[PDB]
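Bound complex of Estrogen receptor and estradiol.
Chains are designated A, B, ... according to the position of each sequence line. We number chain A the way the PDB entry does; in order, the residues shown are 1-9. Following the PDB entry, chain B shows residues 305-330, 338-547, kept in their order. All ligand and atom numbering here is 1-based and tracks the order in the structure. Excluded from the calculations below are hydrogen atoms, water molecules and symmetry mates; all remaining heavy atoms, backbone and side chain alike, are included.
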Amino acid sequence: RXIXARXXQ
Amino acid sequence: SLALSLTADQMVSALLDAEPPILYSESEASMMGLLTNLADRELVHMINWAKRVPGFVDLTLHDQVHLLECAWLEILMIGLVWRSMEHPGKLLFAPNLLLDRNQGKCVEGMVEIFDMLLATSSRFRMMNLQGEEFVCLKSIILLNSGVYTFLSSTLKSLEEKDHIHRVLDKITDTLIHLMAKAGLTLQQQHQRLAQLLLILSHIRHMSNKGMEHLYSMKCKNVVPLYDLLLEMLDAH
Ligand SMILES: C[C@]12CC[C@@H]3c4ccc(O)cc4CC[C@H]3[C@@H]1CC[C@@H]2O
């Protein structure tokens, strides 16, 4: 459920 | 909506400003260990470049993510191949890493992918792609890969779907505007637009073999555990 999700935001 | 007013100049500028920086790099395990590490590392400036692509943040946190999981390998190679373009016979993965055809055969089934990568660089070269053209293509690719694998059941992802086409259409004008600059007939112009756009599809094909290959090397536990890269895999 994320890094992709946190960097993109 | 901001994405749709900017012009072929106004546009080709932001696609330029967003450009990621040339990332330097650092047995079959090791070879793959190597491109994985660059691949993982590029895979962050890719995200960052995606956001500053007009129309993207306009997209949805969920659609943003899905375009990226769809297109990530495609953008790596469109970029790979472009970097590789003035290096006939070679894939300029980084500056400090100029891999060659035969170096692709340090990995199982890898050479062939390389072989595809290289031919597009050839194409792009002999066709003489320009950065502006490329930034264009790259965004197109980001926008069109995951476009027709959405969850088109929510009328909010049916806004989203037709948005992308509008953008995508704008982008193609941009390209057009661009090609008109060179001074080609309107034949040669859209003779071009068809030129690039096809290649993309060979890039989808390449991304696809590539995505299978990556997944297999995962299986053999021959790729490091680059958390981000790995999670790019685990959405296919
Ligand atoms: C995905 C692979 C590792 C990452 C490689 C890479 C790594 C960095 C980059 O800028 C482009 C590419 C395209 C080819 C990719 C490879 C094709 C098969 C392999 O799995």
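- Taking every copy into account, the model assigns estradiol to ligand 1.
- Going by heavy atoms, the other chains that come closer than 4.0 Å to estradiol are B.
- Measured on heavy atoms with a 4.0 Å cut-off, the binding site of estradiol is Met343(B), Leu346(B), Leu349(B), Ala350(B), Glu353(B), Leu387(B), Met388(B), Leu391(B), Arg394(B), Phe404(B), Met421(B), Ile424(B), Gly521(B), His524(B), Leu525(B).
- Most residues of chain B that touch estradiol lie in the UniProt domain NR LBD.
- According to the entry, the source organism of chain B is Homo sapiens.
- Of the residues that UniProt lists as binding 17beta-estradiol in chain B, those with a heavy atom under 4.0 Å from estradiol are: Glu353(B), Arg394(B), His524(B).
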